[PDB]
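Notes follow the structure.
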Amino acid sequence: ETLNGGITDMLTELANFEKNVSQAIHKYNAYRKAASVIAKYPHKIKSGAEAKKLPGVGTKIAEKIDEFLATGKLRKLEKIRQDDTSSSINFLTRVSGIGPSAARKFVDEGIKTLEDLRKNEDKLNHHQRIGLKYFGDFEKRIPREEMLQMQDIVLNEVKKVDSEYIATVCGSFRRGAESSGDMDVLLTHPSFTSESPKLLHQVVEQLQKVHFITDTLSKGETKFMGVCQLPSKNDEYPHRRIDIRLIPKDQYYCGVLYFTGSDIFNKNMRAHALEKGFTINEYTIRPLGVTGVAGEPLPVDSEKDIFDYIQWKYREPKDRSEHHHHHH
DNA sequence: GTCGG
DNA sequence: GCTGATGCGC
DNA sequence: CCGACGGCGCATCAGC
Ligand SMILES: Nc1ccn([C@@H]2CS[C@H](COP(=O)(O)OP(=O)(O)OP(=O)(O)O)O2)c(=O)n1
Ligand SMILES: [Cl-]
Ligand SMILES: [Cl-]
Ligand SMILES: [Mn+2]
Ligand SMILES: [Mn+2]
Ligand SMILES: [Mn+2]
Ligand SMILES: [Mn+2]
Ligand SMILES: [Mn+2]
Ligand SMILES: [Mn+2]
Ligand code: NA
Ligand code: NA
Ligand code: NA
Ligand code: NA
Ligand code: NA
């Protein structure tokens, strides 16, 4: 049903291999950019030289596309699929907190399966231990109905802590997705500005007291990463990833732009900002110094002002998701 | 792996 | 302590 | 060994 789905799946799989096995994050990012520009292309790709016209597809991917169109497979991928070490390394990196490095370490020490991982809980740090505990739950996506229920608990508890907080659910939810991988809550409070608690900790602690937050992956002064769960209906819902991030109140628009994603959109926007002579992060957009210090932050009164600076047409959150096209 | 310089 | 990497996460 | 590639929080380490 997906136009060019065979091609985009091949490139994604190559991506994951370069990240997890090769530890080559820019090759990962290259395959992702290629899968992405191909996914958004509104025609069926006839040949490698056709895909090559797209930014991000070059000689080597063009050849893989010719091989794939011609044979229905890619020998490079068949060999990777046959490498049990590579397969186990890929699998282990699905646990939150285990990356390419840890994964290879565990596999080299003979941990190759989920059971093997469970038997070796003592090798895992806290984050990894919690990732493992909820591995099955974290594989499932969250229906938007349940995201609405989750949003209701979060906003009500935050308002009980202090009515000056504003919490906004971002990520895929704000982009209008019909399901989400986690819940991203952007939080502000007038006591925390770029110039100026316990602000985050008070919120987290209140969510724990009402048994909504069940576990913590990591937690600092400005960012919480953890686990939550909706109250059961009779006798249970899966446990869910939740990210909460306090951002400076005077820097809300850069913050919400960031927290809305998608991942690929944000990166592409920042790459286009560099080309135009700016640097964008979640707090500011700044001109690049002739030296190599960014200069003073530019004024921003809306999401659109950020786009304007880098000469990009404004996109509504729903148009910042990745998309694909279909065939009959 | 792709691209720009 | 601070700075700057390394790993891993949004 | 062309070098850059988006950018930063939290956890941790190395060097000072
Ligand atoms: N590589 C990345 C990853 C995330 N981000 C930011 C962090 S906050 C925002 C949303 O990140 P998430 O990882 O929750 O993704 P989405 O909400 O798009 O999807 P799901 O959670 O999978 O529904 O994008 C980024 O700028 N670069
Ligand atoms: Cl790389
Ligand atoms: Cl900044
Ligand atoms: Mn579809
Ligand atoms: Mn398109
Ligand atoms: Mn062993
Ligand atoms: Mn999300
Ligand atoms: Mn998230
Ligand atoms: Mn551009
Ligand atoms: Na190209
Ligand atoms: Na191997
Ligand atoms: Na992981
Ligand atoms: Na053990
Ligand atoms: Na569960």
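All chains are named by letter (A, B, ...) in the order of the sequence lines, taking the proteins before the strands, and each is independently numbered beginning at 1. All values below were derived from every heavy atom in this structure, side-chain atoms included, with hydrogens, water molecules and symmetry-related copies excluded. Going by what the header records, the deposited coordinates were determined by X-ray crystallography, 2.0 Å. Whatever order the structure lists ligands and atoms in, that order sets their numbers, starting from 1.
Short version: main partner of ligand 1, named per the PDB entry, is DNA polymerase beta. Selecting from cefalotin, Targretin, anagliptin, lamivudine triphosphate, decernotinib, the compound at ligand 1 turns out to be lamivudine triphosphate.
Other chains whose heavy atoms approach lamivudine triphosphate (ligand 1) within less than 4.0 Å: A, C, D. With a non-hydrogen cut-off of 4.0 Å, the residues around lamivudine triphosphate (ligand 1) amount to A:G171, A:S172, A:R175, A:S180, A:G181, A:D182, A:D184, A:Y258, A:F259, A:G261, A:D263, A:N266, C:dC10, D:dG6.
The protein heavy atom nearest to atom 5 (N) of lamivudine triphosphate (ligand 1) is A:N266 ND2, 4.1 Å. Lamivudine triphosphate (ligand 1) has a nitrogen or oxygen under 3.5 angstrom from a nitrogen or oxygen of A:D184. Name recorded for DNA chain C in the entry: 10- MER primer. For atom 8 (S) of lamivudine triphosphate (ligand 1), the closest non-hydrogen atom on the protein side is A:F259 CD1, 3.4 Å. The nearest protein atom to atom 18 (O) of lamivudine triphosphate (ligand 1), hydrogens excluded, is given as A:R175 NH1, 2.9 Å; this is a heavy-atom distance. If you check which protein heavy atom lies closest to atom 3 (C) of lamivudine triphosphate (ligand 1), you get A:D263 CB, 3.6 Å.
Nearest protein heavy-atom contact of atom 23 (O) of lamivudine triphosphate (ligand 1) is A:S172 OG, 2.5 Å. Distance cut-off 4.0 Å; other ligands and ions near lamivudine triphosphate (ligand 1): ligand 7 (manganese (II) ion), ligand 8 (manganese (II) ion). Checked against UniProt, the dGTP-binding residues of chain A with a heavy atom under 4.0 Å from lamivudine triphosphate (ligand 1) turn out to be: A:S172, A:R175, A:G181, A:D182, A:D184.
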